[PDB]
Student: 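So I pulled up a structure with fasudil in it.
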Amino acid sequence: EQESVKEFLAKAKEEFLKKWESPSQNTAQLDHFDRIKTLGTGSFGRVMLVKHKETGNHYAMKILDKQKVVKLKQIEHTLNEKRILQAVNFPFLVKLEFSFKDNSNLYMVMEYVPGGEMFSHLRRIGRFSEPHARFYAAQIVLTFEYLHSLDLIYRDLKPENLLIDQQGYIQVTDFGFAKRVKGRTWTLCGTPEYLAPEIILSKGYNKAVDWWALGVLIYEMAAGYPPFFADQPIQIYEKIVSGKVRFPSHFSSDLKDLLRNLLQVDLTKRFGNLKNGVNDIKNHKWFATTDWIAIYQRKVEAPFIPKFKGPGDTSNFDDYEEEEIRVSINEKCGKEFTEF
Ligand SMILES: O=S(=O)(c1cccc2cnccc12)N1CCCNCC1
């Protein structure tokens, strides 16, 4: 580790801790925005393209229903998500611009990234070439180096959470499972195909789960499908815990070697969790052509630029029923969300 990297990360941690200890709160309100379109929807919230009525800027507004967050046992997770997002700063992490709450909902107003999910692009082309997968993987490696140095675990890496920006670079979204952890944590969360064995087996786990998930992501980008696939989750879990993985013959030997070390079922032997930390990944032969500083500085020409007409274009996102944003006349769950 060059003193240069050490000093960068020391400053990053100082700046994160100052915002972590004194979080911003209540920095806009709903009637500052016009609603444009629903971009995504889930069991306790949705994301909406909105336009600020005074500046004209577009944003992605995540709206969480407090009562559904409580029912689905996501209180601490939603508090983690906002407290972390308002404190971080890195080129490949989506920016939180405003946050607020009302009688019914929590609101996180983020930069709008018009290029769409990596998932859509991957499914449309089939698979990414190794150089193309490597460009995205390098951004995730650097992002995890940053997050883990702050004692943060991400826990939701998957192609649907990685958006492609106007320059073709990644923006990581969805901090709903991110957590500040010194040592181990225990919650069962994440998407089946991406879960590390130690999550499935109900162990106290650490940042090594993010490095496992990177292995799954690289495999899926390069093959077009994930390494452990089945019709039902329990069948997926049996494959994950087995210690067996099959690689397409078109994978390079270097790619297969990196993946065996990320998809290592013994967490004490897994790349990213050894004495040399992230450098076992950054120095691997599969990354020999990667200029880490040039990626960080966004000086590498991207594999593709998404096609879109302007900052309000939604063509790279898909269509959802447009439902009301109702705000109750009575405050709900005020105590639970006091710190938001
Ligand atoms: O609309 S999003 O939730 C989304 C979340 C957070 C920030 C965003 C910024 N720009 C666009 C979409 C965004 N998104 C697409 C549909 C669902 N998959 C996850 C990514």
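Here chain A follows the PDB entry, giving residues 11-350 in order. Determined via X-ray crystallography, 1.3 Å. As the structure lists them, so they are numbered: ligands from 1, and atoms in each ligand from 1.
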Student: Which chain accounts for the largest share of heavy-atom contacts with fasudil (ligand 1), under its name in the PDB entry?
Tutor: cAMP-dependent protein kinase catalytic subunit alpha
Student: Does fasudil (ligand 1) have an atom that lies less than 4.0 angstrom from a heavy atom of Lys72?
Tutor: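 Heavy atoms of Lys72 never come under 4.0 Å of fasudil (ligand 1).
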Student: Of all UniProt domains in chain A, which one holds the largest number of residues in contact with fasudil (ligand 1)?
Tutor: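 By UniProt annotation, Protein kinase.
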Student: Any of the residues UniProt assigns to ATP binding in chain A within less than 4.0 Å of fasudil (ligand 1)? Only heavy atoms count, please.
Tutor: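 Applying the heavy-atom cut-off to the UniProt set, I get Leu49, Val57, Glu121, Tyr122, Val123, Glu127, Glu170.
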Student: At under 4.0 Å between heavy atoms, which part of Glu121 makes contact with fasudil (ligand 1): side chain, backbone, both or neither?
Tutor: backbone
Student: Any idea which part of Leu49 is under 4.0 Å from fasudil (ligand 1), heavy-atom wise: side chain, backbone, both or neither?
Tutor: both
Student: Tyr122 heavy atoms, cut-off 4.0 Å: which fasudil (ligand 1) atoms fall inside?
Tutor: 10 (N), 11 (C)
Student: Measured between non-hydrogen atoms, which UniProt active-site residue of chain A is closest to fasudil (ligand 1), and how many Å apart, rounded to a whole number?
Tutor: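 Least heavy-atom distance to a UniProt active-site residue: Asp166, 8 Å.
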Student: Any non-hydrogen atom of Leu173 lying under 4.0 Å from fasudil (ligand 1)?
Tutor: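 Yes, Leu173 has heavy atoms under 4.0 Å from fasudil (ligand 1).
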Student: Which option out of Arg56, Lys168, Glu170, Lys47 puts a heavy atom nearest to atom 19 (C) of fasudil (ligand 1)?
Tutor: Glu170
Student: Hey, does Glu127 come in under 3.5 Å of fasudil (ligand 1), counting only N/O atoms on both sides?
Tutor: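 Between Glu127 and fasudil (ligand 1) (N or O atoms, distance only) the closest approach is under 3.5 Å.
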Student: Which fasudil (ligand 1) atoms are under 4.0 Å away from a heavy-atom of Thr183?
Tutor: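 Answer, ordered by atom number: 6 (C), 7 (C).
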Student: Please could you name the atoms of fasudil (ligand 1) that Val123 approaches to less than 4.0 Å, counting only its heavy atoms?
Tutor: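 So the atoms of fasudil (ligand 1) that pass are 9 (C), 10 (N), 11 (C).
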Student: Please indicate which organism the PDB names for chain A.
Tutor: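 The deposit lists Cricetulus griseus.
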Student: Does fasudil (ligand 1) come near enough to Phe327 that some N or O of the ligand is less than 3.5 Å from an N or O of the residue?
Tutor: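 In fact, backbone or side chain, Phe327 has no N or O that close.
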Student: Which residues does the binding site of fasudil (ligand 1) contain at 4.0 Å, with heavy atoms considered?
Tutor: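 Heavy atoms under 4.0 Å: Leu49, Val57, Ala70, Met120, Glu121, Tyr122, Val123, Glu127, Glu170, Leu173, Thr183, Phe327.
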